[PDB]
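Chains: A, B, ... assigned top-down by sequence line. Following the PDB entry, chain A shows residues 1-89, kept in their order. Numbers in chain B come straight from the PDB entry, and the residues shown are 147-163, in order. Side chains are part of it too, since the values below use all heavy atoms of this structure and drop only hydrogens, waters and symmetry mates. Just so you know, ligand 1 is whichever comes first in the structure, and atom 1 is the first atom listed for that ligand.
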Amino acid sequence: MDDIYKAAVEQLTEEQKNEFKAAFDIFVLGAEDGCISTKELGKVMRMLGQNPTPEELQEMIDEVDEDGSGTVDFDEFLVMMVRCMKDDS
Amino acid sequence: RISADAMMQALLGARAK
Ligand SMILES: CC(C)COC[C@H](CN(Cc1ccccc1)c1ccccc1)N1CCCC1
Ligand SMILES: [Ca+2]
């Protein structure tokens, strides 16, 4: 169902989206579709002023890797953002 | 604590020139 997120995803406007979609062109700037991996991640991070490793990066996909896909499609991604922002810990 | 703004950096031209 994941409706609690729908509303959230509905809240976001074309504005916050754009700025976001843009980053979407970096995470999967070398992916077939829109799935992110520990390899792509480090790519963005590095451009965000962060230079992590492949061991700590995987922990980023793991969470979103609820389907054990190994990567982060265009769905789980946005969610992971609304999961912390509107519920960090 | 996804600042978000940090991303804008990776999406600021991305070598468009
Ligand atoms: C909050 C920070 C300490 C680290 O968070 C970055 C990633 C989210 N990103 C997207 C992102 C990256 C850089 C800048 C802004 C947002 C993410 C998304 C998909 C796959 C891997 C990472 N998650 C790890 C913890 C929960 C969120
Ligand atoms: Ca996944």
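Notes: drug at ligand 1 recorded as bepridil. Among all chains, the one with more heavy-atom contacts to bepridil (ligand 1) than any other is, according to UniProt, Troponin C, slow skeletal and cardiac muscles. Other chains in heavy-atom range of bepridil (ligand 1) (under 4.0 Å): A, B.
The entry lists chain B as Troponin I, cardiac muscle.
At 4.0 Å, heavy atom to atom, the residues around bepridil (ligand 1) are A/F27, A/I36, A/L41, A/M45, A/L48, A/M60, A/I61, A/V72, A/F77, A/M80, A/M81, A/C84, B/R147, B/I148, B/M153.
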